[PDB]
Amino acid sequence: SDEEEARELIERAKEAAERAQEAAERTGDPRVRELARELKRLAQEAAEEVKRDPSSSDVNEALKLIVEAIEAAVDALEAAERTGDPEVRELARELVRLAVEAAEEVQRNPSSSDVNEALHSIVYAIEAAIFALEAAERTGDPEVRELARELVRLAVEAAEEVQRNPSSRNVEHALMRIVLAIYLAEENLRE
Amino acid sequence: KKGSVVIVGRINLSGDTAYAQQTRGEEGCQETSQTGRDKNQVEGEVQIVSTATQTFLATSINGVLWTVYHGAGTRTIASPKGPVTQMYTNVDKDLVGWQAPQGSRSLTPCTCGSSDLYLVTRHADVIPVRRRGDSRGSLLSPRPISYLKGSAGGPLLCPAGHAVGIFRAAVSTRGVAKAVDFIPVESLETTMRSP
Ligand SMILES: CC(C)(C)OC(=O)N[C@H]1CCCCC/C=C\[C@@H]2C[C@@]2(C(=O)NS(=O)(=O)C2CC2)NC(=O)[C@@H]2C[C@@H](OC(=O)n3cc4cccc(F)c4c3)CN2C1=O
Ligand SMILES: [Zn+2]
């Protein structure tokens with residue numbers, strides 16, 4: 001309602017922090033550990049910045065996006081962990097890395113629409129990647145795997161160009177095209 | 001070889017809350033799909049629709065019956081006068097439309113700008129959704145995907161029962177949906193003429 005929304009966001013941040021911690025411990029990988037620690041760090045810094053401005057309706061929306069980003073990035077990390085192909089894994093980790101960077105940029109400059117759009121695009125891409133990675137693992141299918149690879153590669157490519165030039169055009173249609181292809185491939189396997 | 005999409009039921013929205021009816025069984029469906037010829041009377045704003053492998057929803061808005069591409073593909077719809085070709089086909093929006101069948105009524109697009117939405121399922125459940133952006137809404141509680149599956153093409157309604165969008169996808173992790181993706185009513189792009 002009022003400050004009930006600020007407390008709700010703190011509680012999401014702390015659970016996101018815990019899930020990140022659990023991912024840091026579960027994995028036998030120093031590359032994942034460090035990403036998971038960075039996600040926990042951003043979760044705790046988001047929780048602390050809400051506590052500085054508890055009755056502030058303004059900046060609490062940029063921090064809502066950061067908490068969303070973290071939750072989705074942790075999901076992506078968990079999905080990467082259950083992914084058989086190291087190439088896809090590496091691509092998934094790179095998307096999470098780019099999400100961390102985009103989240104830091106939002107936190108350092110919460111009123112910039114360019115910086116907020118870049119994070120939004122990465123979160124959008126991560127949600128598409130989670131669907132793709134989860135379909136690859138559920139089906140065990142090589143074609144679904146290659147489509148999942150294509151999707152994450154595309155997402156990484158887009159985020160890195162948007163870093164260089166903020167204007168650089170969005171891959172939303174191109175990502176959804178692969179989602180559909182994955183979906184139909186999975187449906188054809190039911191037969 | 002590919003048959004028509006067949007109306008196998010409907011959902012009435014003009015009563016207090018949603019009410020669904022079955023109008024066709026499995027056998028009648030497959031025969032109707034082959035001929036593209038369906039002489040059943042159509043009523044209501046939401047149609048329950050079938051291909052040989054999937055069942056889903058279609059919603060009438062602005063004299064067009066809209067559904068998801070990922071269900072209907074490029075198929076014709078069975079009608080009293082034989083198979084009717086799509087008027088709109090947009091794979092990038094996951095959107096298709098045929099001219100609304102005789103006897104259907106359209107929903108009015110939302111003008112109120114409310115964020116309290118309601119997603120109508122194939123079984124006539126009504127699930128609250130908090131609008132976030134143009135084409136996304138949060139669920140109030142996490143929901144197993146099986147409660148949503150088969151409801152794409154269905155309406156998201158405002159508190160006044162106007163159409164806000166068409167249900168398209170479930171944002172989900174490990175079979176648990178937290179949010180929904182819908183085609184906004186503003187994206188239901190029509191043209192005055194057709195070649
Ligand atoms: C978008 C994001 C975040 C990556 O997530 C997901 O892709 N999630 C999945 C989760 C799947 C599990 C079931 C969830 C339950 C119900 C879902 C409503 C439903 C359905 O009931 N279909 S149906 O059985 O009636 C069927 C008979 C009609 N849709 C689906 O399955 C669709 C289909 C497919 O999506 C697309 O091909 N495109 C093409 C697009 C183009 C533009 C924009 C888009 F968004 C597009 C989405 C994946 N789908 C999801 O939802
Ligand atoms: Zn309205």
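In what follows, chains are A, B, ... by sequence order, proteins preceding strands, each numbered from 1. Atoms within each ligand, like the ligands themselves, are counted from 1 in listed order. What you see below is based on every heavy atom in this structure, not just the backbone, and it leaves out hydrogens, waters and symmetry mates.
For ligand 1, the recorded drug is danoprevir. Counting heavy-atom pairs under 4.5 Å, the chain with the largest count for danoprevir is, by its name in the PDB entry, NS3 protease. Within the structure, the other chains placing a heavy atom under 4.0 Å from danoprevir are, by letter, A, B. In this structure, the binding site of danoprevir at 4.0 Å (heavy atoms) is formed by A/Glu127, A/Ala128, A/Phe131, A/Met176, A/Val179, A/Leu180, A/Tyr183, B/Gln54, B/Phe56, B/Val68, B/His70, B/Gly71, B/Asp92, B/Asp94, B/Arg136, B/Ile145, B/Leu148, B/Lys149, B/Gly150, B/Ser151, B/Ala152, B/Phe167, B/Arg168, B/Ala169, B/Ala170, B/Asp181. Between B/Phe167 and danoprevir, no pair of N/O atoms sits closer than 3.5 Å.
In the PDB entry, the name given to chain A is Rosetta-designed danoprevir/NS3a complex reader 2. The nearest protein heavy atom to atom 42 (C) of danoprevir is closer than 4.0 Å.
In this deposit, the organism assigned to chain B is Hepacivirus C. Of all atoms in danoprevir, listed by their number and element, those nearer than 4.0 Å to a heavy atom of B/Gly71 are 28 (C).
Heavy-atom proximity to B/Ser151, at under 4.0 Å, picks out these atoms of danoprevir: 21 (O), 25 (O).
At least one N/O-N/O distance between B/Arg168 and danoprevir falls below 3.5 Å.
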With the criterion set at N/O pairs under 3.5 Å, what does the list of contacts between the protein and danoprevir look like, atom names and distances included?
unit_1     : atom_1 : unit_2   : atom_2 : d
danoprevir : 8 (N)  : B/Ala170 : O      : 2.9
danoprevir : 21 (O) : B/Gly150 : N      : 2.9
danoprevir : 22 (N) : B/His70  : NE2    : 3.2
danoprevir : 24 (O) : B/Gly150 : N      : 3.1
danoprevir : 25 (O) : B/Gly150 : N      : 3.2
danoprevir : 29 (N) : B/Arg168 : O      : 3.0
danoprevir : 51 (O) : B/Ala170 : N      : 2.9

